[PDB]
Amino acid sequence: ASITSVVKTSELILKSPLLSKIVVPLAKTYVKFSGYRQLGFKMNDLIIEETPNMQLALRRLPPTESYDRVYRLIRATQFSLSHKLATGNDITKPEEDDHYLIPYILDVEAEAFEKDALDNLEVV
Amino acid sequence: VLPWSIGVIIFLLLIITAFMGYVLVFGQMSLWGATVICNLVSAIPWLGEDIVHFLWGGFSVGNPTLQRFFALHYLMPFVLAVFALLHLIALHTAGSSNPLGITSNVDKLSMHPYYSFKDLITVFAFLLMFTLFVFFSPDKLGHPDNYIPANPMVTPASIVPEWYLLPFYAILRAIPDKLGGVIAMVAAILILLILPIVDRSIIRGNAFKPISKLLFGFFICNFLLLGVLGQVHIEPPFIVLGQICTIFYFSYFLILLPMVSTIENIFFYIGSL
Amino acid sequence: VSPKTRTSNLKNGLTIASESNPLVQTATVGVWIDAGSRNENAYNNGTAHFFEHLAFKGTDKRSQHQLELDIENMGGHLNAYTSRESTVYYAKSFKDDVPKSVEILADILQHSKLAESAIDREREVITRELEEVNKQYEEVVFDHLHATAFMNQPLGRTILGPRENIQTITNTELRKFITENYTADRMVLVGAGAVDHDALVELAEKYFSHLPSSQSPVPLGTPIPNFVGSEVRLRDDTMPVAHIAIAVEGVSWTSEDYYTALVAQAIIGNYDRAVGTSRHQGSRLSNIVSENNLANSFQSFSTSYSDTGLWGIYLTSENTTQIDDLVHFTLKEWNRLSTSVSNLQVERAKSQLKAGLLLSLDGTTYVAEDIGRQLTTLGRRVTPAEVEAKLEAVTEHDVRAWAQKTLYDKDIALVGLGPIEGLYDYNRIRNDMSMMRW
Amino acid sequence: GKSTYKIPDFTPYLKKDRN
Amino acid sequence: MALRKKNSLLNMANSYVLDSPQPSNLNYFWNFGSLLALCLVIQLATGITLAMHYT
Amino acid sequence: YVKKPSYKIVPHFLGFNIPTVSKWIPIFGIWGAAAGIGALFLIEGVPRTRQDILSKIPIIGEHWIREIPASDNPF
Amino acid sequence: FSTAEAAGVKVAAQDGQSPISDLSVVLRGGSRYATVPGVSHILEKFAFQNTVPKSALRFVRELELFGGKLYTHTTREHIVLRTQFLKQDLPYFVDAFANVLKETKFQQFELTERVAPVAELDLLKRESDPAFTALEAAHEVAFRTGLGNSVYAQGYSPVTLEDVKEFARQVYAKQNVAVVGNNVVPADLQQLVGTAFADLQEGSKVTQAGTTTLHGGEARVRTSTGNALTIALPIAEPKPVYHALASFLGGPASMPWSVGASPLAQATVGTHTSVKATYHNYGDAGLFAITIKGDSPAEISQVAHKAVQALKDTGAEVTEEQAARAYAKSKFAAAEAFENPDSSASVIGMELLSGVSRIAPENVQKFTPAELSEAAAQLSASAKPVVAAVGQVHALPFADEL
Ligand code: HEM
Ligand code: HEM
Ligand SMILES: CCCCCC[C@H]1C(=O)O[C@H](C)[C@H](NC(=O)c2cccc(NC=O)c2O)C(=O)O[C@@H](C)[C@@H]1OC(=O)CC(C)C
Ligand SMILES: CCCCCCCCCCCCO[C@@H]1O[C@H](CO)[C@@H](O[C@H]2O[C@H](CO)[C@@H](O)[C@H](O)[C@H]2O)[C@H](O)[C@H]1O
Ligand SMILES: O=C1C(O)=C([C@H]2CC[C@@H](c3ccc(Cl)cc3)CC2)C(=O)c2ccccc21
């Protein structure tokens, strides 16, 4: 599934008061149990990147954000192989779990989906 | 997806190899197994019955069949080793996945010495388990009936195939239609081919998906339940139970995985905002 | 709505065609001739280009130097080009300098000295032009492409002609050439910009009245070409960019399929990585090429002649290891003209052409070139309304029909110049002209 | 021998009705 | 340049069993691939041997 | 005057649209015939194929009506 | 061109009888106003990228449905964005320019992946001509900053997205924008621009950092791709007589396969070199250049001597015939400039954005031999001659040799 899909659907939920009231607490618990923060990941580090679109989004990251992503992945790989969890400052605090990549992939995909749409346009 | 899809074919070839090898003993189970597998093509309408006779080289499983199973059982493993090699070659473009499901391009290790020595641990653990079966209990995994020579006049009252075919055998028993039963049984393997489509997750694998892990746990346990139901008697209440397990097996690929993976996508995004 | 193109004839048969634009202050008058290199045989090949040099080498009245001064004093410039089928001689000037310029053009065409001394002087200049076109890779490719596509036929000859001919061209055979070919019934005096038609016709009656008429006056744009599927490879590993042209036998100016072939050409389109917008063009090939960096550029063309044409594409690429892909994808895009095109591509290309055919005409020299080209190829100026009607008549079914008879599984003329090691042999290229899946 | 625009003689092989 | 990289045949083996770059954190469930390879080798050895004795 | 270009996006899926696919419908037809002809040709030897298909074809069908005389048939 | 005003934006349009309209937004944003080197070129190439209402992709695909074309260039004085389309499609292109000036998302990826690589290809294509490089180098020597800034973005000085966004904040403002429509009904354009560019910032007139200072010197760009030599003479008081002198001195041939009867053209006899005298008015400073390209540095050196001699000889005496020839060549140059859409737009752009009334070709002053000789004398006796050599610079002339 595309990140665009996921983001638009999430926005539909956050709009509806009823929906957000029941879903936002679920999703926050889900994320706590997911436990990716315990390896010092940001949510966006876990998005599948072996795709044309994502490779392009990752090339668009500012050098700073890109270097830090590499570090978090290296560090998480090291936690994984040691079967340890992050401790202290390595644990991702909720305030640090920023969607650094979502804007870039949404732009990549916006263009890719526009391209598909316009490839199928019919002059009227 | 390519190594996965080639893998699904290796899985089918292993089933056919191991089966063709089962038949070569020509004990009671061997002959009956041959009869059933060679009659799965009778499901195919019109030409079906003639194909059956063609695969038996006779009107029944007999000498002709056994000799052609020997030929093919010898052959099939080399074909299987080709496919095993091919799925590695297909994998070599992407490299192995890893348990986090993130890229590993940031941090790679040479296959040797690290995984060579890591693979020895399991080689020796495997050989320990192998030794316990081979030397101490060589017949625990076998069916007694295969030590009776093939008698085409009786089939044993207790028909139970190899432990590994049991899940699909229970599937075949579940469906009360000839063609239905066969289709379902084959589809239980071929449906793995659609996992690339029906998993809608933006995240690779289940390490970080509590809901998917629970669904996977129930799917695995259901596949083991099918295994168990494959070896009970065809009696109440296990007839209905086997059908429910069959529906659950297919609903994992067709309903639950697509739904759960969609919902977890949304939970990751909302949950991390 | 552009002003009406007025057309008059003289007695000798000279056509005068004019399109006034009272919004501009300059004017391009010139003479379009339905004659070019094609009108030579093999012995005098290069004569037409030779003449173009000598036209400005002085007349019976004004010497070379006097000629130079007369035009400098006019203020504008004179220009000429000889192509295979058309020779043009025009003069861009100011509005009220038009009588001078028509007078100068009439002089250089009718009353050229062609003095042995000047023939001998230019014989070196033109010989040196043979080894300096060498640099203009586009032209080298297209000259080879004509040479190969129309192997040993008049269209296959170059314009400059062989070295051998340049050394042996005499004032006699130059005179004979322009007496046989530059006849009134083959010429069109064209004025665009600040010209009055009636004034231009008076200038033609004054200057071009004593032009020879041919014995057998055929209509303008009257022609037997047998295209050769063939390749030329001019592999040059030292060159950084490969230039490849591929062409099939295309359409003549007067073909019933002329607009269909232009539409088809617009579906494949042009691409140039140096233009900002090109990565976003609708063309399928453009998308493949830009995403994969397969080419620096490609340019579809449909060159037409009186009785044949070439339709094809000209590619440039620095990606020397993926030229196979570049050619592969290009020809697969042509295949889809036969197999896949629908109203989606056809209507898009028609929209882009409906504008394109009018966009081209943006200055007096372009207008004059359009009047002149149309009058010498079709015998009339086709109005924008008629052009819009002919384009509207092109349907998706027509494009598929045309592509299936002209492109699909047809022999190609292929010219490769430069580091084209990666371009496969002729069979593998020609095999891409069909789809086994169709 | 020299000019690359003079295509070598192919008349021994070329079919007249090739198109 | 190392023989294992130079020689075409060795280079293919090298690329699979020696220099092959693997993620650094594969857990024990990544070991089944090689066990299936070992099973396949055992099966070929014992199988061909039984074929020498089986009618 | 024209204020906006006048178009729609046609429905599409995996880069196929109905305009394009409709142009290939004939070709699938022919390939289906080729698969039909070819498949039937492959199994022309199968006795059921003769019995149930090929012997039923008018005029031509007598090609596949062959009886072995019972004098020459051990079975 | 009926010059008018529509919601604070200067709009010039000339209706015609053609199916083709050219609508050009001229921005007072050329290189002389450039905050950092090359930013005006980058800003030009960042036009019609992604806007908030409409993506670059969608713009280009829709433009191709109308069969419009888009052409953009940067000068030292202006950025010009020109669209060529069919008359009827005017509203679309007005609105598209409005989107570009109001709502361009200057995204860092566009600059890295799209704009900068294309700006680099643009300049490499121009530098293939050594004459271009020589005349660029000459402006750099002559003016240092302002007019001396490079027009084009180069690799050695990177423009950042902050630089381009800053510059565009200044430039994309009512005060620095002129809309010029060739073959556009003037009444219809005023109405459209008045609705579309109403919400554009007012902003401020962009100004040159520092006043224009003239300097002499030498520039020696070593290339391996052809040889050229500019001999430029900065003008502190730009006068229209330098146009006449440029056209008189000439250099290009007015006839195919000829040398020409112009003094500079007669300086190239015996050589495969070309010469071109050009004069560039920039309002407050001017540059008279004589540019010589050719493949032989020995020939260029030979011509360069003859060229400066020609200018000195002109300072002595012009004939009446020669002065008339100058008037004619100059009127013609003015006419064809006002015809070519690129130059046309910038001509009226100047008139609109600055206040310098366009000199209509029919009103070009006739210069007497006295006035022309006087003008050539001032140039031969210039205190600040610039000489820009490109190519085999060790073998080209120096300023003190000339
Ligand atoms: C003869 C049987 C098989 C052998 C010998 C074999 C061997 C291997 C090996 C050595 C690897 C790489 C190391 C590893 O990940 O364990 C691997 C990876 C893989 N195999 Fe198999 N395999 C076999 C059957 C299968 C089957 C039946 C499937 C799928 C249905 C499969 C799918 C894969 C996939 C998808 C990978 C890539 C997994 C990853 O590393 O993330 N294989 N296999
Ligand atoms: C994947 C590889 C193989 C598998 C999964 C496999 C599986 C089996 C199985 C399940 C049997 C029944 C064993 C029994 O209960 O007695 C068997 C028998 C046999 N297999 Fe294989 N086999 C494999 C490879 C081979 C190969 C390569 C040969 C080479 C000939 C071979 C030769 C035999 C023979 C001769 C028998 C019958 C004798 C017997 O039952 O032990 N097998 N095989
Ligand atoms: C001798 C060169 C010939 C190349 C093929 C031979 C085998 C080969 O490539 O071995 C490798 C050691 C491979 N393992 C891995 O990729 C591997 C990768 C990552 C992690 C681990 N372990 C984790 O802890 C691995 O174990 C393996 O076991 O795959 C066999 C199946 C291959 O056999 C064939 O395909 C041919 C035929 C015998 C099936
Ligand atoms: C019993 C069967 C006989 C053949 C089996 C032997 C192993 C299988 C090899 C077949 C696959 C070869 O396919 C190709 O080989 C080359 C040559 O090493 C390898 O190439 C790989 O390593 C080399 C250098 O080590 C790198 O330059 C390259 O980037 C990488 O892809 C890859 O593995 C694969 O791209
Ligand atoms: O009735 C059966 C039976 O149904 C299978 C079954 C189970 C697994 C089947 C199978 C599973 C998966 C695939 Cl991809 C193909 C076949 C093959 C037939 C047997 O193996 C068997 C053996 C001995 C006596 C009776 C029987």
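Residue numbers start from 1 in every chain, and the chains themselves are labelled A, B, ... in the order their sequence lines are given, proteins ahead of strands. Only a selected region of the deposited structure appears here, and contacts were counted within that region alone. Just so you know, ligand 1 is whichever comes first in the structure, and atom 1 is the first atom listed for that ligand. Hydrogens, waters and symmetry mates are skipped; everything else that's a heavy atom, side chains included, is used.
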Point to revise | Options dicoumarol, rabeprazole, atovaquone, berberine for ligand 5 | key: atovaquone
Practice item. Identify the main binding partner of atovaquone here and report its name as listed in the PDB entry. Key: Cytochrome b
Review point. Counting heavy atoms under 4.0 Å, which other chains neighbour atovaquone?
Key: B
Exercise for review: Provide the organism of origin for chain B from the PDB annotation.
Suggested key: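 By the entry, that would be Yarrowia lipolytica.
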**Study point:** Residues lining atovaquone, heavy atoms within 4.0 Å
**Key:** B:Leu12, B:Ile15, B:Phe19, B:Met29, B:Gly33, B:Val36, B:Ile37, B:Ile159, B:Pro161, B:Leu165, B:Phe168, B:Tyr169, B:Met185, B:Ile189
